[PDB]
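Shown here: rucaparib bound to Poly [ADP-ribose] polymerase 2.
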Amino acid sequence: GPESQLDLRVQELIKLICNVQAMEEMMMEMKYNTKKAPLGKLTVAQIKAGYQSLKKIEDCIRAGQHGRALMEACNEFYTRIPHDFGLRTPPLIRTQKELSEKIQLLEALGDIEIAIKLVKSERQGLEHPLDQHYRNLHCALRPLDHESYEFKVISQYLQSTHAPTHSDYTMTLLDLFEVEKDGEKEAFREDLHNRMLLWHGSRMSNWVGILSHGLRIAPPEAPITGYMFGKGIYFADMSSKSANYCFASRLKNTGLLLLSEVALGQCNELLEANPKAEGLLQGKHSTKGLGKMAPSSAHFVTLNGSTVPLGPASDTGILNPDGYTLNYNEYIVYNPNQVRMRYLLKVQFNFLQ
Ligand SMILES: CNCc1ccc(-c2[nH]c3cc(F)cc4c3c2CCNC4=O)cc1
């Protein structure tokens, strides 16, 4: 047929992120019943109806209801968002934690609905299908040389900010791409101080949606208690805190990890979870969940106007007297115009045992 005009490394990335069969397998792993509700029949309306049912579940949880009312709320959720629990009676979502853990399923379904729409796109024999998928992302992806300065600095950031408690794996950088998503530069809050190059990880199934639509905030219908610091976009300064969100496995041990310039401006610093954090900003530009360990000023470098908080991380002196303390920082912005995606890392996860 027509030959691909793409760099082979980009060809490889497209193949990885547009593989729908991998998306089915991953959703099967999350217990979504792809036989009852095939992924090619996912709609936005189904997913929003999903979020609405989770809101009804949140209502029950807030009321302390563990009986028929919660049974029916969960039944409604599981009808709209079919699960496979074997020969068990479907388990109730009884606590805020269980509820919060279910949001990721709806988020993956959202990004898969996007991915399937894109791969099923009309298509013209004029261009190789990889090239057609790439074009449809409206996101430039430029592979960098392993000998480049970029590759050296990012490799150093990846390694030096692998957190000591994320000891289950190491990471190897296999490939690196500069990212330029159409529209992101033009929207970006260049005016804001505290511009940092921060990590964001996600499941393999999500990247067509992320690269084509940008990082997005939860919809209005979603239950607020599902988000530790509210409906924003979350980032780490420690590579492995974000890489944990790739949910790589021993069998699927290749993931993608994103670095983005994040216009934090003035952070509202919090020790503890507060799903209503956004209403606390009062003029501030972002939320910072304070961790016990973080990169220090001493080791920082800049790349294209952004601070790269290279490690090693050291103790921040932070300790919550009145409860739980985050091990590592988290940063949350509540507008996509505080984000510019810059690098996409292809990372191999080297698991223990
Ligand atoms: C569990 N309720 C929904 C939810 C799911 C995931 C996250 C979350 N928190 C993070 C902190 C952080 F430093 C980095 C990341 C995240 C995420 C998911 C997005 N990816 C991150 O790397 C936030 C809320």
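Sequence positions, counted from 1, serve as the residue numbers for this chain. Order of listing sets the numbers, starting from 1, for every ligand and every atom in it.
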Return the closest protein heavy atom for atom 14 (C) of rucaparib (ligand 1) as residue, atom name and distance.
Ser242 OG, 3.6 Å
Counting contact residues of chain A for rucaparib (ligand 1) domain by domain in UniProt, which domain has the most?
PARP catalytic
Work out whether the distance between some heavy atom of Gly226 and some atom of rucaparib (ligand 1) is less than 4.0 Å.
yes
Residue selection (non-hydrogen contact nearest atom 23 (C) of rucaparib (ligand 1)) among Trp199, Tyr227, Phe229, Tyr234
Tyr234
Residues of chain A binding NAD(+) per UniProt, non-hydrogen atom under 4.0 Å from rucaparib (ligand 1)
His200, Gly201, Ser242
How far is atom 11 (C) of rucaparib (ligand 1) from its nearest protein heavy atom, and which residue and atom name does that atom have?
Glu330 CG, 3.3 Å
Closest approach of any protein heavy atom to atom 20 (N) of rucaparib (ligand 1), naming residue and atom
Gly201 O, 2.9 Å
So, looking at chain A, which UniProt active-site residue gets closest to rucaparib (ligand 1)? And what's the heavy-atom distance, to 1 Å?
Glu330, 3 Å
Heavy atom of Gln104, distance to rucaparib (ligand 1) below 4.0 Å
no
Give me the nearest non-hydrogen protein atom to atom 1 (C) of rucaparib (ligand 1) as residue plus atom name, then the distance to 0.1 Å.
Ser100 O, 3.2 Å
Please list the nearest protein heavy atom to atom 13 (F) of rucaparib (ligand 1) with its residue and the distance rounded to 0.1 Å.
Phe235 O, 3.0 Å
Please list the nearest protein heavy atom to atom 19 (C) of rucaparib (ligand 1) with its residue and the distance rounded to 0.1 Å.
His200 CE1, 3.3 Å
If the entry models a covalent bond for rucaparib (ligand 1), which residue and atom sit at the far end?
none
Evaluate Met228 for polar contact with rucaparib (ligand 1), using N/O atom pairs at a separation under 3.5 Å.
no
Using a 4.0 Å cut-off to any heavy atom of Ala236, which atoms of rucaparib (ligand 1) qualify?
13 (F), 14 (C)
Protein heavy atom at shortest distance from atom 15 (C) of rucaparib (ligand 1):
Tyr245 CD1, 3.5 Å
Any chance you could list the binding-site residues for rucaparib (ligand 1)? Cut-off is 4.0 Å, heavy atoms.
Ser100, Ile103, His200, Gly201, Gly226, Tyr234, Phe235, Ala236, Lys241, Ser242, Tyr245, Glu330
Name each N or O atom in rucaparib (ligand 1) that is under 3.5 Å from a protein N or O, and give the partner atom and the distance.
residue              : atom   : partner : partner atom : Å
rucaparib (ligand 1) : 2 (N)  : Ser100  : O            : 3.1
rucaparib (ligand 1) : 2 (N)  : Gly226  : O            : 2.5
rucaparib (ligand 1) : 20 (N) : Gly201  : O            : 2.9
rucaparib (ligand 1) : 22 (O) : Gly201  : N            : 2.9
rucaparib (ligand 1) : 22 (O) : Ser242  : OG           : 2.7

